[PDB]
Q: 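Input: one structure, supplied below.
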Amino acid sequence: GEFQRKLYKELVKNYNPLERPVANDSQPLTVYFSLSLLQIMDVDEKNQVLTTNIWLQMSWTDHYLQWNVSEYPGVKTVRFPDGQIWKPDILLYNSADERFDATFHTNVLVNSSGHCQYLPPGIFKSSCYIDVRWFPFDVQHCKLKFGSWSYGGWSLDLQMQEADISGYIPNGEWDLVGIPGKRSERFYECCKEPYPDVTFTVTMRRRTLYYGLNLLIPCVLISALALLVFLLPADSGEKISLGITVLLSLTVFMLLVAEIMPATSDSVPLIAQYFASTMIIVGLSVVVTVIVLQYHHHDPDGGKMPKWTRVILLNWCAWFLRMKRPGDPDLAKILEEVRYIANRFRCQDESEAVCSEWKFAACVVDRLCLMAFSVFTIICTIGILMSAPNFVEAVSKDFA
Amino acid sequence: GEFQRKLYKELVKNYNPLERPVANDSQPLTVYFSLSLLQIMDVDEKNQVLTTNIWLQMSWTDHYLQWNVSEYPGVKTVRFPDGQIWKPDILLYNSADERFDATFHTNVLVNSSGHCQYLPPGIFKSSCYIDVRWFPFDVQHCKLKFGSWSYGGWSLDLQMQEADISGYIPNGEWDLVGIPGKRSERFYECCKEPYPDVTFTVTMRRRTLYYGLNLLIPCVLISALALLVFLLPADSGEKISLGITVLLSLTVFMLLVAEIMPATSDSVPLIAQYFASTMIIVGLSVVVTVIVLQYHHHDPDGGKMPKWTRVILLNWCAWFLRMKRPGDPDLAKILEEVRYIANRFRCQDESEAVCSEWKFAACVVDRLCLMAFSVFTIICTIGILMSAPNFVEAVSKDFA
Amino acid sequence: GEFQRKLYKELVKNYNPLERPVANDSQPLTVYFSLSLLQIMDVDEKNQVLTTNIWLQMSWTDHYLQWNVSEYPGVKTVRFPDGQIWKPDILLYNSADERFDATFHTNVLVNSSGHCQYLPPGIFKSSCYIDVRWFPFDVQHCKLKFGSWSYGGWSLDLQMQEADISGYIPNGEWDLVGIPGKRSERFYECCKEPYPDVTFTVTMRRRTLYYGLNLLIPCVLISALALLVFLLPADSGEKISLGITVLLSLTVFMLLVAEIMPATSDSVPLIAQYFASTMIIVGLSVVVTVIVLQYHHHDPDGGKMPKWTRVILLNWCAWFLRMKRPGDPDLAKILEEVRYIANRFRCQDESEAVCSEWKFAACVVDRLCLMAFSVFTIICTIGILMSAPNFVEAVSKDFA
Amino acid sequence: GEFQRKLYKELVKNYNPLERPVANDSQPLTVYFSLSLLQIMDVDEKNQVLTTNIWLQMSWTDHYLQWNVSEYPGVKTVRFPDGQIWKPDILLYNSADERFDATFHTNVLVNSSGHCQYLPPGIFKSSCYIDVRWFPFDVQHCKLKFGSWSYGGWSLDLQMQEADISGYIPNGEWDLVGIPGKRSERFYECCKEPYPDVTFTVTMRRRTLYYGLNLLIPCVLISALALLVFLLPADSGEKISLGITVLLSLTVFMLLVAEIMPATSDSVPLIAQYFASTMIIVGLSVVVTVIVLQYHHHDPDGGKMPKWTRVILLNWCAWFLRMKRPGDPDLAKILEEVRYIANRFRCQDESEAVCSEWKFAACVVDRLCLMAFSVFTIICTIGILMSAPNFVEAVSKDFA
Amino acid sequence: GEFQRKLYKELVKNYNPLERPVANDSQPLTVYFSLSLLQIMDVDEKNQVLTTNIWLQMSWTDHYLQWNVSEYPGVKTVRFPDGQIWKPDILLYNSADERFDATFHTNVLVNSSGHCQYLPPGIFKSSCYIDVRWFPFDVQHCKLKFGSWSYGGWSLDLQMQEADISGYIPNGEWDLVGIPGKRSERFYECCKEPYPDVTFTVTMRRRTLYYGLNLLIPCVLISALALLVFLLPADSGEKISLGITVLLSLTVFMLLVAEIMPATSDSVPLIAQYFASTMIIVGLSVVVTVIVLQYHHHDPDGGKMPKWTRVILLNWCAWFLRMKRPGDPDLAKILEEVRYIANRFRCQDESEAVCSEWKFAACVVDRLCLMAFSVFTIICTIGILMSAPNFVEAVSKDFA
Ligand SMILES: *[C@@H]1O[C@H](CO)[C@@H](O[C@@H]2O[C@H](CO)[C@@H](O)[C@H](O)[C@H]2NC(C)=O)[C@H](O)[C@H]1NC(C)=O
Ligand SMILES: CN1CCC[C@H]1c1cccnc1
């Protein structure tokens, strides 16, 4: 329209986009800053990068862009693109993007009274410290620090407004707890003027159903399978294979967890502690299996069972476990031959008796170590899992 | 031509690309918006990003860009590149590309009566929620939401036209069910003016032949092969190897499947339910194999067969399964010697009979558990597969 | 020089880059379009993207860029950068790139009579249908479609010229079969005017030496290795281990091949069919081995061989391949004792005879299944490999 | 305000950004250059790239940009964007990104006296040689070289100021040892005019807790487990399986480590040396157990143990290792038969005596090789670990 | 300063950056071109892309950019940014970057007499054919082709200058043999004017220490370990397991090398030939093991040893190997019973003698095949390794 054309012609005249829109140059310009969070795009623990979708909200007052609505009775607001009016140079300090500024430059809407609104959208990547001490049950706080780059406290006075989460789209992995904000002015070695900034803290809680069903459960099942080796009779040689194959499966689980986790040395993580506990458990199980096999294939002639070992294993542990221990001259020539044969049979009988004793001792040791290892693994797993804070809260909210 | 040059020089006189081309400023401006879908390039499940090829379609009317055809013979249309004339700032809301705008800026075609068309092409990356509850038999709905950014309800009037699928190029993996659209109007915390938008909901179906053949059939086959452990005789010690090796193959299969799936806690997917059930089935088979081996290698004098176990196994299940149960002083000195030898032989025969009885009991248990495990695995697999909706539709459309 | 400066100053006065350079405004402008292929950079089958290196040859005539060489003796041609003169806007329709147009803008060379040449180079990424029905003996046709985005048939007259492959650099994996092209006119739902376009079809053939030597040969070797299970005597205990390890190796081979194929559902790839056939063959071999092991560790008194089974195996099949068959009162008391001993020995002899006959039956089954499985493997492999078209051509051209 | 607008209009009059702002045109312009490190984003050893967060600091004096505060009350500083005033083209020489310049251009702040400050932020990717000789106990020095690209010391004088680490954010992987800088001058064969440049040498240490816990401890554990072959009795046939499976685990660990290391031939990494040592140890263990199995299964009638071997093993080693060493007409034919039976039993007896001798020899060999391997592995591991410089301080810092 | 400002104002008067700065238009313009290589950043064999860091060097003479130093006492040289003066359009013909130009546009330094220098830095990605026939003992030549795009030989005269490698930084993996260059002019389908270009051929050698230590030696070691299957006694049934597991390790090695290696079909790589040979050797070892086990478990009454087999094995090969071959009515009734027992014992004796003969034959075959396979693997490995050219030079440079 003619009124719109005349207004655009008049406003642009004698306008310098390099000048701060203030009637009085000695007074700070008040700028209100906020943001609206739309989506938590990604959390990268290995690279420690948070990717989010955010609309920034900037509001201020321009002294020159004012007109009387009566003279232009059809237009109430105007729009100006980048590079033709003054705009705050607000940037995100802790950016992790190859381009430091990742905001799409849109139009700026102006009142008839000179009120400027700026709503740039963006996919922001920031670098926030990620704590993996209590993973999977960790809670993360990520910082987003915004501030002007070349405007101190005597020129541009930054003000904070509460973040808007009405349009937030729930994520399938993280639960949004809150997004508080705080405004603070700091000092820099460059300059002698304080510089304000606004920091928004995003608090997120990781949902644990996927991890607790894909990592925790198979670990306990496979550890139980390793415990099962204490039930196989020693007469079938399939114990070492069981133990070693279980160890291999644990190693592949460890490589998966290692490829999904950051290489930080800040603290030992809970999953690593669990894997180490299972490592020692299965290794000691294999060692005990070797000891049992050594006892089982004991040569009867090789030696005699120590008195202490006998008095322990065959009586105390047997009673405790309620296991019962199993148990003319030609005529003279024929006579001595059959005597020799009978004596040979007697010797074989004594040898088999000693062998049976050794086998019983091996069985007793096997049963004792089965019970002990079951108790140990149950206690260790329960303690390690429950040591995490808010573990019960996570379990309730996810599974229940 | 001279007429074209004269018209181009005349049209841009006193023009201003910053103003809305309306004869009356109070009245709004009508803009018709639509799109043409060319190809669905990629659907990402881990990152939940949809990549598509789309030609936008914007049409409107410009008041100033009008001329008489008679005064300028030959010329009927003109083309204006970016920055010469006014354009709507139509943006995709739920974008996911590093640059918030993915459209490629082309010319704008204008008729002799002031009618502007704008059809820019683009590779659009959007963020839509992906449901993996019924994977791989799932149907996905991905929403693309376009709208003006800085133009309100009384300035720009958005009208929806039907989408174009005439130029669609079919995708091997995905089947395009449809693409309806809806024009809505929303309020925002920024402002007191309604803002319209147009949302197109691409509804797509996943073709299941590839995933079926390369995921489910080998799983079924090797799960059935794991049942061969009940056909091997216990005399050959090659049962634990069977069980633990098929378990390892299953574990690597689960790892491969997990490496393609999102880490969401919304629900437990069908493929995960299948794999978990088969894991427990194989583990129970291994435990039963251990028990059977324990029965097979029972010590002849290590105990007595319980009456309950005998009456349960030897005569009940064997009858049910139709199993046949298998089966002169020198002279006096030689006399007592041969008596000793014969007595030892008789004792050995009795021990052999007891061992044979125990072995038959083990075989009976093995056969019983074979039948039970086969029934259970077939029932579980059929139930889990049939529980999904439109599974019969997917089968009839893909395999047949 | 002075003439160059004068001509450059004169050629720009009253020149509009927005104006189509034709003497008569109602006549179309003839533009000649052609390709120049330099290298085939990549063929991504998983993402179905073709990356190539091409130069675009565009030629046309400009009315206003004409001069007489007798006035500027030194200069014969001129050069104009982007944005200074009118240029055609030919774009590639099927572009699978973030930016829809990947061409490096270079200078436009102009005659002394107004002939403009434009030769922009570029690495082009396009989306074309890649079919893996005949992998790895497939021939691929990929289309590149070029056309003016906003100029109709009445305005811009597109003409086709034969593509140039003189500077083509041969690729180590794909063999260039050809690259013809064709013009076409199409209508669009936008408008009521035909839009010409030029489509160039690149036809390429894959060289199969690497894929054959790295996939086909090792799988056949492992199949032959798995066929050895029927040569191992049943007295050893490694049959199942051999079979299952072969199965594991081919499972990882299947994973390696599967990570490179697109997830398409159009057909079943040849390599997928061949892998499935090998899987079934090895599984049946394992089942047969289990049957034989059950058939060899048979209890002597646990049953009797059926007459049908005996007349099938012991005589018929054995003769088929010429297998030989493996074949005072004290005196009275000691008398009965030695009779008992001898009778025990006789019963043992009868039992071992029955066991030996059972073992011979097992050996016969092993031999028969060896022959059958070898025949099946040979027939299936030969048929599957020979089913592919141009397989003889590929072998003759890649194994010479 | 009016004063700000008037000053902005006045300053840019007759201003040329191409001109270097010096009052004499024959004396160099002094530029103070400094750096402010914020965070070490990444250290990619495979590609040898260091990614950091940097705040450049450039200060100089502009002769033309001066005014009087009294004539422009309230205005004390001004801001100038790109292309408005002169800037020094200071670049990083060893950049390793697509576009050579990775800085983000911001405003330039000018005081009333003409002092200009410039603090552009950036995420800088640089190429520094990374030493992996003592990985993981390594210390890395990476150099950042900054200098003007076109101006020289006769026109631009560079000066060095100490780097700022006030805002440094600790990394969970690297410890910042320091960042010393140095200003250097380079001369040319043409002219006696110095050319200055600045170099910052970021030296940092790697925290070894994660790498040690995830690599060394599991490998030592499994290497010690590989020694269990010498405790298994030869009757249980699992020694070879145990050893070869530990070899498989070794290969898995070797590939996992190799995927992270660069393919450098400068030296042999410490981790590679240690893995090779463990390879050799386990391989020799396999050879030894093969020898032991060969001795244990010796044919009693297939040979005689030589006197040298007898005195070496049976006597000397057993004494050293305290291994106890185990251990009417009819009557004529009746005599013949019983004598034959007795002699057959005696022959069997001497045979099993020889077999027992061989088995004892195998046991002694096994025990002595167990002791030798046990001491050797400990010595080799301790030596390799201790050979690394600063190992003691590294472990103290990372664990205590 | 005033003189610098005046000179800058005067030089750009009437200057047209679209014209060649030549006094005579007929004569060509001489441009000197060279480059300085700083670092070889990457050599991607799979994609066949060379990424390097270079500085271009262009020198020419400008006719209009001349002035008298006496009039401007302080000014000696000037600087002009992009778009202000004429520059050559030199491009890299075989670029592989997504943007065809990778140079960073810097300032152009201008003499006091018109000489112009231009040194833009760049990270260049180029596509060069990489031959891996002799991998890893390979020497690679990669060509960088530079030339003007729109200027022919009659206008722009390209001249070569020797490249500078003074600032080259050695690479850990690649040894720089050298970079010579050649200038040549060609004809194109454009037009009938020759176009010159400069091609620099970078020749480099790969350092083989890393690959030899990490890929070759482990293959040799485990291949030698696979030969231990010929020393294991047949009683310990763990030969097939050993062979199949070394097979599995070999397959994973082949998987890794397939991962690193490009999929070309020009020739069979040396490492591929080596791995194929090792596959064949271990497979034949497994076949021989199967034959040996078949001979070992021979039914004594199932057949008779052939006279041939006897004369080749039992004595001929034993001589060849110095192998020693191992080693009243009651009275009548009692008599016949005991003689029956004795005859039974005689039968067992002759059966065990036959079995011992078969076992000795198996041992002889085992030793023969051990020696043959050792010779085969040694000669094959030595020949394959030594077949490569410059293998001795590579070994002497990378190990001594
Ligand atoms: C404008 O800013 C600059 C900042 O460098 C001032 O220069 C410095 O002022 C302080 C206080 O006197 C001292 O460090 C030195 O006098 C100056 N440093 C250098 C390197 O010159 C300058 O004084 C300010 N001018 C006005 C009018 O405020
Ligand atoms: C040698 N140049 C580069 C390739 C073609 C040729 C050329 C000729 C004219 C205009 N553009 C390019």
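To find a chain, count down the sequence lines: A is the first, B the second, and so on, and within it residues start at 1. Reckoned from all heavy atoms, side chains included, excluding hydrogens, waters and symmetry mates. Whatever order the structure lists ligands and atoms in, that order sets their numbers, starting from 1.
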Q: Tell me the name of the drug molecule at ligand 2.
A: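 The drug is (S)-(-)-nicotine.
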Q: Counting heavy-atom pairs within 4.5 Å, which chain has the most contacts with (S)-(-)-nicotine, and what does UniProt call it?
A: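 The chain with more contacts than any other is Neuronal acetylcholine receptor subunit alpha-7.
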Q: Name every other chain with any non-hydrogen atom less than 4.0 Å from (S)-(-)-nicotine.
A: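 Within the heavy-atom cut-off of 4.0 Å: C, E.
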Q: Backbone or side chain, does any N or O of E:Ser148 fall under 3.5 Å from an N or O of (S)-(-)-nicotine?
A: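 No; the residue has no nitrogen or oxygen that sits under 3.5 Å from a nitrogen or oxygen of the ligand.
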Q: Which UniProt transmembrane segments of chain E contain a heavy atom that sits under 4.0 Å from (S)-(-)-nicotine, numbering from the N terminus?
A: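 Per UniProt, and measuring heavy atoms only, that is none.
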Q: Which of the Ca(2+)-binding residues UniProt records for chain E come closer than 4.0 Å to (S)-(-)-nicotine, counting heavy atoms only?
A: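 Short answer: the UniProt residues with a heavy atom that close are E:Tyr188.
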Q: Answer with yes or no whether C:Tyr118 contacts (S)-(-)-nicotine, where contact means a heavy atom under 4.0 Å from a ligand atom.
A: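 No; C:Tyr118 lies far enough from (S)-(-)-nicotine that no heavy-atom distance drops under 4.0 Å.
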Q: Considering only heavy atoms, does E:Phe187 approach (S)-(-)-nicotine within less than 4.0 Å through its side chain, its backbone, both, or neither?
A: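 No part of E:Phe187 comes within reach of (S)-(-)-nicotine.
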Q: Under a 4.0 Å heavy-atom limit, does E:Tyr195 contact (S)-(-)-nicotine with its side chain, its backbone, both, or neither?
A: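 Answer for E:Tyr195: side chain.
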Q: Could you pull out the residues near (S)-(-)-nicotine at 4.0 Å? Heavy atoms only, by chain and number.
A: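 The heavy-atom site around (S)-(-)-nicotine is C:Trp55, C:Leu119, E:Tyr93, E:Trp149, E:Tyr188, E:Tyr195.
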